[PDB]
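Letters go in sequence order (proteins before strands), and every chain restarts at 1. Every number for a ligand or one of its atoms is a count from 1 in the order of the listing. Method of determination (from the header): X-ray crystallography, 3.0 Å.
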Protein chains: 2
Amino acid sequence: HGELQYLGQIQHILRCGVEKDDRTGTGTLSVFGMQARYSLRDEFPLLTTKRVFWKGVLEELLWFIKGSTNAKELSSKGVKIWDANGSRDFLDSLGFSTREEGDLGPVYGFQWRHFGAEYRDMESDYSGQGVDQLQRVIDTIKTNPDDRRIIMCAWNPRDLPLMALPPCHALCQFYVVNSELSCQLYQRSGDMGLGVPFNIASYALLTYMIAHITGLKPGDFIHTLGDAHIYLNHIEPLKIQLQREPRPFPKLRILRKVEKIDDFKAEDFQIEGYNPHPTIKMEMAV
Amino acid sequence: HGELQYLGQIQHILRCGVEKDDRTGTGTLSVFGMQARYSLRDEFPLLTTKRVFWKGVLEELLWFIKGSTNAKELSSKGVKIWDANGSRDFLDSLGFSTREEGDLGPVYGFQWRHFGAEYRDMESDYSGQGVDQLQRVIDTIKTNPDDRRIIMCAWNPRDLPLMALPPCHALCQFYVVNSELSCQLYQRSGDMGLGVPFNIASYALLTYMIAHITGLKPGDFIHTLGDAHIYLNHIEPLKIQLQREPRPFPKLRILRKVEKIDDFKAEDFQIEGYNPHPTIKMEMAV
Ligand SMILES: Nc1nc(=O)c2c(CCc3ccc(C(=O)N[C@@H](CCC(=O)O)C(=O)O)cc3)c[nH]c2[nH]1
Ligand SMILES: Nc1nc(=O)c2c(CCc3ccc(C(=O)N[C@@H](CCC(=O)O)C(=O)O)cc3)c[nH]c2[nH]1
Ligand SMILES: *c1cc(=O)[nH]c(=O)n1[C@H]1C[C@H](O)[C@@H](COP(=O)(O)O)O1
Ligand SMILES: *c1cc(=O)[nH]c(=O)n1[C@H]1C[C@H](O)[C@@H](COP(=O)(O)O)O1
């Protein structure tokens, strides 16, 4: 199976990791530099030893492509995952006391589509200005597949101080060989219990979406970690999930041919064959 | 030994890589996503199955920290490695026909120290403007070691079109645990025969330098590849080097305590125990 790599990384961070501190004040066992490789050929990496909130996964990605930064917008669809770092309290603690709730700042979406752009408020019109990496990437795959510079980068030094919470997935690169499209991710920081599972699915999905518009077959999703940690209050839970048998990865279908990455709607995607083991609750470290 | 990982990656790219094309028009066998880990504790990763131009290695890094972009300056010291992509011909072929030879453009050095900065000519004064990642990184290690955002990024989307040759080593991150400092590198593109060997040494050196000024012990250098290729005209050569026995990695010493990363001079470093196998000539793909 493929879900064994993930389990194993967890198995390792537990028997060889080291105690560390972090901004949350919570605990953490960590390890530096790790690499796993999931196959995207006729299967989707949606963990099974636990139930993943696929709804939030899909909504968030749609939310990113949009270029939005209002943690409220995603909340409107019923995905709370980002309301925490957009809250009034969390925002005031960083000296952003003059911002309106939900303004995450120049993060993900804004970087992907308007890199150059000069940020200022979560509801300004940034169309036409900035540099669109997401699109630049697509056109290259189409015209020049062999290029070794198909990179999309979220880490923008100039803007770091305005971000309510820096890009954990900081940079990804695509590579195409013999009709199939692959993608590698560099995740400087990984919450092995909450975000990672969500992250693996988000990039596998993005790959599928790209492959479809360019007419290629998805290949491999390579996941490279930096500080792969496990918050201390996650040890008991993960320890259970580690004793669960993995069932076959599901299959994801796109029921309607789309030719613009912006035409995608939540109804265009459907999953088949998801028989996950019951959910496992884990608290988020703020 | 540690040099076996490198050899092996070469061994792999040769019996499972795939034929590919590239801008140089030369050939290439490639593989996507690879990861090696070299230990920096009481040893320096200066390859032995071949003789590495340690002089150029050291000069180039000193050249980067400086923030220089004149391929001439480094040439003045006797390190030609960058005169090729700064040449009059190479520069005119990219439409930079109004630049003076040796102006690589907003590359490495300029990004490391003056990220924000608006480039314009290789001899303008960029002091005070831009954002200094190199220094930002150092102060963090000193004040807040647990930070999971100690990143230095060279990939700057806005400037790509001005660069005569984009950052192959695009991003690196530092992590500190129990008195030792480690560093991971993401190299989107790797010329397994020429640049990589040079690159592994350049980052191990930078780590040593940082560790010294912050008073820590060097730990691990993690090398993550993207398109790890082998130009076709390198196959015969590498095939020889692969049949050579590796001798112990040398040891590097800093003979004089320095407290500013800019105070470093070439005379502050000395290597001990380097018994490499004779040189191996390989032509550069322009
Ligand atoms: N410290 C920290 N870690 C992170 O991972 C993170 C993130 C990533 C987004 C995120 C947050 C919470 C859950 C989440 O809680 N997922 C639950 C399901 C919740 C539900 O049912 O709505 C899970 O167990 O997967 C899933 C994803 C933003 N800020 C963060 N800060
Ligand atoms: N295509 C391509 N590949 C690269 O690696 C590269 C670089 C990296 C710099 C570089 C170039 C050549 C040699 C080099 O020739 N090294 C020799 C020794 C040369 C000497 O003795 O002066 C070696 O065999 O190591 C060593 C390092 C810039 N532009 C490039 N373009
Ligand atoms: C950040 C966002 C994401 O998409 N995925 C993640 O796993 N995370 C995690 C990483 C880390 O646990 C925390 C951010 O902390 P820090 O800024 O790295 O200190 O969220
Ligand atoms: C680039 C610079 C460096 O320090 N190290 C490297 O190995 N290289 C190599 C990568 C690639 O072989 C070539 C650049 O080609 P491209 O821009 O990726 O097409 O130089």
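The chain with the most heavy-atom contacts to ligand 2 in this structure is named in the PDB entry as thymidylate synthase. The drug that appears at ligand 2 goes by the name pemetrexed.
Other chains near pemetrexed (ligand 2) (heavy atoms under 4.0 Å), by letter: B. Residues with a heavy atom within 4.0 Å of pemetrexed (ligand 2): B/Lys50, B/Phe53, B/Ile81, B/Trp82, B/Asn85, B/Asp191, B/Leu194, B/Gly195, B/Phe198, B/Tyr231, B/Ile280, B/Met284, B/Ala285. Taking UniProt's list of dUMP-binding residues in chain B, a heavy atom lies under 4.0 Å from pemetrexed (ligand 2) for B/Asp191, B/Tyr231. Taking only non-hydrogen atoms into account, the UniProt active-site residue of chain B lying closest to pemetrexed (ligand 2), to the nearest 1 Å, is B/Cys168, 6 Å. Measured against 4.0 Å, the other ligands and ions close to pemetrexed (ligand 2) are ligand 4 (2'-deoxyuridine 5'-monophosphate).
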